[PDB]
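Lab note: 5-hydroxytryptamine receptor 3A, palonosetron bound.
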Amino acid sequence: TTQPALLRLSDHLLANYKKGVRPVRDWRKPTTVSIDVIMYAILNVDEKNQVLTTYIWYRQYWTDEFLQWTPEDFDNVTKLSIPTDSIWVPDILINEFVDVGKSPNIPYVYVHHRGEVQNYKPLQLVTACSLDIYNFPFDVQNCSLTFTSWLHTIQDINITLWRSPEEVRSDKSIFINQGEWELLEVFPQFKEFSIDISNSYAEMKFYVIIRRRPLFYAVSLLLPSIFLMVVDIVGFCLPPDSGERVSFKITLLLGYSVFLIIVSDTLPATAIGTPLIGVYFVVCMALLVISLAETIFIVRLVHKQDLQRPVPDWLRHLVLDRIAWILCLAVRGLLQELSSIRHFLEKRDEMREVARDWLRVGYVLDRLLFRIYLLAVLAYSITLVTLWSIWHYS
Amino acid sequence: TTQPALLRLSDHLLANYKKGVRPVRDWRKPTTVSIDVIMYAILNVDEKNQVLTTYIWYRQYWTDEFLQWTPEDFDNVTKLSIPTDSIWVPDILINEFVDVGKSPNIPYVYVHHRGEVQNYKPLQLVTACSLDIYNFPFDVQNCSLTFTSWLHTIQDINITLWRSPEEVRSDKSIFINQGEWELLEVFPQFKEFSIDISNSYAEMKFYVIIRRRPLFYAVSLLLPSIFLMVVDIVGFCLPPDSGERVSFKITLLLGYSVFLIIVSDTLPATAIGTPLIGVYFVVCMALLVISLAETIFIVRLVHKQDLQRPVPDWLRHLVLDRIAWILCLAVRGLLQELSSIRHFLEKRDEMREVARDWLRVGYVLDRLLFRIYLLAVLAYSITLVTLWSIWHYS
Amino acid sequence: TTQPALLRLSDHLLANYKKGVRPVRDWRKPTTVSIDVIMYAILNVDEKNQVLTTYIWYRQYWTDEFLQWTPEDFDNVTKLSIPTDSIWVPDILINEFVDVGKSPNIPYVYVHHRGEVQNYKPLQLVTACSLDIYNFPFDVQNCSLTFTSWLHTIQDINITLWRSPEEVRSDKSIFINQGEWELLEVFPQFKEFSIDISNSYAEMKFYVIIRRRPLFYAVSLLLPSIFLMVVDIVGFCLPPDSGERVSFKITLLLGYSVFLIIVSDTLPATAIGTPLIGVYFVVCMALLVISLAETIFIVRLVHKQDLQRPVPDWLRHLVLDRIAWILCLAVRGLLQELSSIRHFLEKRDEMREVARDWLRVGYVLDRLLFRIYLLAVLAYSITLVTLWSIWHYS
Amino acid sequence: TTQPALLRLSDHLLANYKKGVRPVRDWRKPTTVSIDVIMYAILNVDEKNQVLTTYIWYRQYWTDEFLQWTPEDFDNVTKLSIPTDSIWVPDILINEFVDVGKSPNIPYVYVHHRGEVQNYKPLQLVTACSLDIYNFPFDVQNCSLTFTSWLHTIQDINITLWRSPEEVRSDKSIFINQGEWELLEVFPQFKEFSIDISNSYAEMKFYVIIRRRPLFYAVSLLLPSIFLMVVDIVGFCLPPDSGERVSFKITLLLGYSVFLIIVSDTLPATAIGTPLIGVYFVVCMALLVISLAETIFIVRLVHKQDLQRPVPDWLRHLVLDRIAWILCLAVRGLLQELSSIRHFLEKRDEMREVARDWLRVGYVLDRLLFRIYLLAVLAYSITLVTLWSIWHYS
Amino acid sequence: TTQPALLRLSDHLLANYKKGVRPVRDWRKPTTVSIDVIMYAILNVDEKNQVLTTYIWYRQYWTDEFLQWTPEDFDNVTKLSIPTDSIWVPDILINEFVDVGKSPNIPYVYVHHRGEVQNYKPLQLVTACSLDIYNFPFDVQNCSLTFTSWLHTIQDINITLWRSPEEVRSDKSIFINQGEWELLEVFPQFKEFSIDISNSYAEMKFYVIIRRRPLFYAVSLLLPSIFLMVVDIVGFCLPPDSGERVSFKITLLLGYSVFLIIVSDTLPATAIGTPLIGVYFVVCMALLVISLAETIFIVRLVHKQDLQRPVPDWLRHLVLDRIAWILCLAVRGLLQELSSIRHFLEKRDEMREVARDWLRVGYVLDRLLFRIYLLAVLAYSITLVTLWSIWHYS
Ligand SMILES: *[C@@H]1O[C@H](CO)[C@@H](O[C@@H]2O[C@H](CO)[C@@H](O)[C@H](O)[C@H]2NC(C)=O)[C@H](O)[C@H]1NC(C)=O
Ligand SMILES: *[C@@H]1O[C@H](CO)[C@@H](O[C@@H]2O[C@H](CO)[C@@H](O)[C@H](O)[C@H]2NC(C)=O)[C@H](O)[C@H]1NC(C)=O
Ligand SMILES: O=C1c2cccc3c2C(CCC3)CN1[C@H]1CN2CCC1CC2
């Protein structure tokens, strides 16, 4: 021989190698591939369509008895690059595909001098995992990735791991943070399933566990919710007989009904169960309609509508009690004329003294309903805080 | 001979095999493929464009007389992997395509030692089926998938089933739940049609039947609909002569007219027939304009506009009836001066006693219209419930 | 010879067949292709960009003198499948392309024993046709599809029809209904054009004619338009001196100005001419500003602003006419005191009797303007109906 | 020889033709391609991203000395079709690419008997040109297309034009009108640039000039702008002491503040300079806040707040001037009682005569501010018209 | 030999060249590629998904010992074009890929007569860099591009630079301005990293630094923010006892609550930290609720609700102080009748003189709260300006 290059090694291997035949001497021994993954980013989690988008890195290796030389007498060449096309490559796919992601192709593989080839490639994957929105800002997710052969049986292609499974779980090395989702754990599991007798299919399940960072939503839905409670505490200080107190409490009720609709499109509500913040917005209405349905009771109670004098059953029940429970011939002709004038004024006087008494009752009930409304907001806001400190601690 | 591998089998088959010729000995015998499907997910059901998106799995098998060896003397090899490119593959397409979905390709097939090849592949499909939105939250759909050869006639390619058709119907095995659509049944049917004499085309129709889960829409359109009825029950308790009762009933009517428009874009209305909830929102207006068009009648009836005394035809018709039907020289010079003063006061007195009487009539009609409005809402809400319990039961 | 298969026919044809050369014996005889189409669906009609999207089916056939055997002595084989790659295939494209639609490829053709090949393929096409929105819900469209060779001249490739043109026009066989567009007619036409001397290019024009179903828009723009006229008929029943009648007529005018903007994005207005419903919304404003600009005239007319007595020119012109046109020392010291008291009351009396008279005039004009406003709506709504019955009939 | 076909010409050329070598005898003579374009449609002009989308047609031709036969003795064949793959094809790209448009491929070229090949192909292109939004409805644009070789130098590939440049400018032949953009001119220009010594690169610049049709925006932003000026001319006719005049002028000011925001997303504002209609909407506010800030001055001026009598400095300045500038023991015991009654009435009389005088001043200023507001709108609307007639003329 | 062309050079090289083998004589010497980039445009910076889109140009060169001739005796040919397919091409990818951009392919390379090939290609890239929105209109970004081999180790492929790194930093030559992002610097850096022992991977990091032009957002969020402060300065000039002052201050508060929501979707808020303009909108509310919560205090203070006389503790504290701190038998029978009349009038007089005194106090507090509100806006607006002049200067 002569010394052209290392390329006469590359002629020695790929002269009679056939691309399609599965590379083994005896047809009973299965080819054993060995995979490994690393999470890189989490592009999109679509709650409505149950579709999760993920870019990962990937590598795998398998042995074969056709690409096998002796390293001596080929000028000590140990490894080698060979293009991906001219090598038998196994088909390993994800069961949970719903679409084909766009990923770069890598046109080279390694080949060691025992037959061990290696294959690095990245791949974007769009899968379909089941999500739960039972507790919306504070939620973990548990989506699956299932690597399997698509055609070959378990006496044909078998799947193990590159590294130990304890080392895969704590591999948070290149993951992109600052991106709405925090990666916790990548847990592998082997499992064999059979859809029929004498047809077994090996598979390998990776479980990813991600947790949403709740900080983005404590300003987008907590801030306008408590803000339309601090207005109604200001709103009760209007005296009820003015006329704008009814017009005040309907404007912001309109103003909050716009808020429930313009947010609900950006907050998803998928299958069984509603998110638990949706209950905590209905209670925001019941402290707002009851605030509306008591000023209707006072305006009806304090008005000038030629009404009767208030009842002494409910005068000493209210006025003299609640200041200590919580709060604190020509002569007779003109005499006929003058007395008729006084009769036209004294019934004008009588109609105003009656209207003072209901108006006196109407302020005592307004201060009394103002306190228990102030205690209903105060006892509700402390229950909201103590369910936030339990989660935040540990 | 020698013993290189099993690959000398792979050289024995694919040495003179021609890819394009249809593989049969006698040209009169038709090649019979045999298909099978399993639903996996339902990605999108677009009501407006009548387009349905679905990811399924798929397998098929056919015989041929060129790939046929004896298993003895090839070291007992029974099955084999061969790349998909070097084999005649029949063209089986869906008639209802409108676009090409993106699906992974599988580069291998099996070949048994009688000639039976097999072919597993997944495929995303976007079809065009006719949808009905006649009853929007409670609806089944009946979309079709039609597998057929695209070119060959029925004496060239014929289609049967892998499994029995009773086993295909009850195959809900890998379907993704928790996803807006519940799969009920996949029903197969064979049918032969001819577009011309001496040109018959076999086909195979799969019917899918899906049912929408109505739970997502009982919070997005039922809750604000009944909520703007519980405000108007509070709204009638304002006394009509105050002035804000007209301003109250127009604000929420504005507030509901925003609601009909911001929802109608997310609820589709396609061909013939409107959805039956659209009728049940027009009746929500007729209990809201009539609630508006009666407070206009009371405010016109109770006002100070130098009006005449109310008519005794309609005084004893109303006031004395409806409390039992439902509800319950210097002397004469000053005498000229004083009597003229009393005349200026007694007509001031007379104009207020007239205005008390209409004001008395105006409250009796307000309580009477409040009851039959309270019975119109009550008799309408029970009809809404009993049409929900009939569907929910069985 | 021996009897391997029919495949020795497939070796007899494709042994020396050259793919690129146009297949004819004498170079002067033109190759004549023959096309045919069937509409399948109409995916999208974008009015703004003048782009129309359509999925059709398609077939064509041509003769050639190289693929020509005798059916005797090849075991009577009449037709044959040959892959699409190894055959000269003519380039027939649409002139109106603006993009490339995604369509499945069909890898087989037929070949008869005279040389006639056939070629079935479906193809999605996005074209650019000119649309008119002159009458928006009731409109036909006339878009063109032009099949032509892209390179070859008319002495090289010539185009005729498969079927008679009378049979193509009435082929509504597989078209998907229930989809916003109704197909009427597919009309073919042959035409030869030359862009230069000695360079003629054959082409074939198909005209499609589609008609929009107007039912979807009689609920999305007719219903809120007439609904904000039935409120203003209720709106005039408020007495004008109350104070909310000005506040009533501005709220719904705000409420309709929101409606004109939130709809106009979903209703297109392209080149020359506005759609004729846009005129019928401006007239909806002129019956709404004039309804606003007359209650401003009454409130200015009926008010307490120390005004003068109304003019007897316009008292007998109005009050006594329009009830028949349409509607129906100590003594003198106290005498100095008492007469000064009466002078302070009689000018209080005089200022109210003046304010009764304008207030009397103000109600007669309000009933008179209420009738001719009720006749202006009534005479306008019957003109709207009779332009709907002319189109609906025939 | 024999007479198989014209195909022995196609064997004579492509037997030893090598695809990759640049086809010239002497390596010093440059290959000269010659291009030409025709605009077809303008799909999208994205102002925000500075990206312009265009579909054009394209053709080019070049000579080579390898594809060259004598037309005699090959049965007089002058031209020929050859597939695009087996020919050296130059790389001509656009410098302004930002993405790859989707365009059909044409698999054939012509070859004449001197060596001149020809090549027709259409191509969608997305470029990046700089746009100016300095005057939004009335604007021309000047975007560039630069055809150049991407690798070869100017002694390797050189670019000229097919036709004369005067004939290219006035080629508006197949352009799709009725589509928001009117094509004016396509102007070619040759230019040679060098990025380094001894490395020159030929290029060819086409300038397109397009003009927006402004008709679509005279109904989407001119009509609601002048419409909320004809309401405020009606709005001043309310008398100021009524109470709704303040509530009237705030509702439509709210109503126009919604309008500025819901439009500004559909009207772009890119780099340096704001569009000149944005100035003409700020002036629409200054005629609307000043209309608001003068009714605040009148309501403060006309009110009952136990105020003092108006000053005679400003009484004869206003009231007596502006009607000609623009507008036009028992006895004494009862005497103690009666005089005290008159004292309680005469100060009630005095407080109303003071309130008549400010109320008299308040109407004269309201008519005076109504005229100069009516002249400020009138003098502004004529300036708006005369800037529209200058552009519309020529 | 003869003289066919230069093409016998192209036959001399590519006769025995093998495409897949890495082209070096001795397998120990690494192949050294050398890259260079130029920014062209910045298409999109998506803050929410942390994805940045960029179109760049790119070139690289490497040596090999197989493509090497002597320029003498081949008619002095120095360089040459060879198609890209038939040459070993190294795999250089970006680590930060999340998708595959669409870019044109260049089918030619140069080859010099020493072995140096060259390769020009453009490529669109979508990467994933970490963004900070800590200060929203005034922000620089620091995103990375990392060119590396994907498979080969550092004794196999090594990466250096074409030009000096000082020349790459100041290369702003073809960058498209007028496009929301200004390019500052492109800084290169070499770094070697090892993921394992005996496996080192060379890489090359380019840092891009871009700065947002803040001019687009000084009209979209600064202008309506200060505009709803100039209305409330007009808003306090209404006298508080009128009745519309409460209705005025709630309409624009509704009007600004719409503004905070319709803008917050177009302004992103990603990971840790809120943008600093979000603090400067909360302070816009605290100058707006406090403006609301003081007119509630005045309306409660000035009202007719049969209240008591104001306290002389707080009369001389306020009224007599703040004008210098800041602001400036028949006889007795009628005597029984007449004195009873005077008693009915003098308590009518007394109830109005009490209501004058609170009304006098209520105006002095309104002018006093008007000044310190005018100083709170003035002292806040100057702090906003001086934080704009520090950034604008240098
Ligand atoms: C659609 O538009 C074309 C416009 O070209 C119509 O074309 C005319 O068709 C008639 C026959 O119906 C020919 O005699 C004319 O010469 C055509 N016009 C031109 C300019 O060539 C076509 O009829 C239209 N479709 C319908 C249904 O009216
Ligand atoms: C579009 O912009 C180009 C800018 O380069 C204009 O270019 C100039 O064109 C004139 C001839 O019309 C040349 O003499 C100048 O040298 C060009 N300028 C430069 C900087 O090279 C072009 O005219 C513009 N189009 C129109 C219609 O005005
Ligand atoms: O893909 C991978 C990859 C995939 C799976 C497991 C592991 C890796 C590593 C590191 C070891 C663990 C590196 N990498 C890439 C990083 N660099 C770019 C391509 C690889 C080599 C260099």
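Letters A, B, ... are given to chains in the order of the sequence lines, protein chains preceding strands, and every chain is numbered from 1. First listed ligand is number 1; within each ligand, the first listed atom is number 1. The analysis underlying the following values was restricted to heavy atoms, covering all of them including side chains, and did not include hydrogens, waters or symmetry mates.
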Exercise. Please list the parts of the model that make up palonosetron.
Key: ligand 3
Quiz item: Which other polymer chains sit within a heavy-atom distance below 4.0 Å of palonosetron?
Solution: A, E
Practice problem: Give the residue list for palonosetron, heavy-atom cut-off 4.0 Å. | Solution: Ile38(A), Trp57(A), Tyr58(A), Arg59(A), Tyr120(A), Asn95(E), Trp150(E), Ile195(E), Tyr201(E)
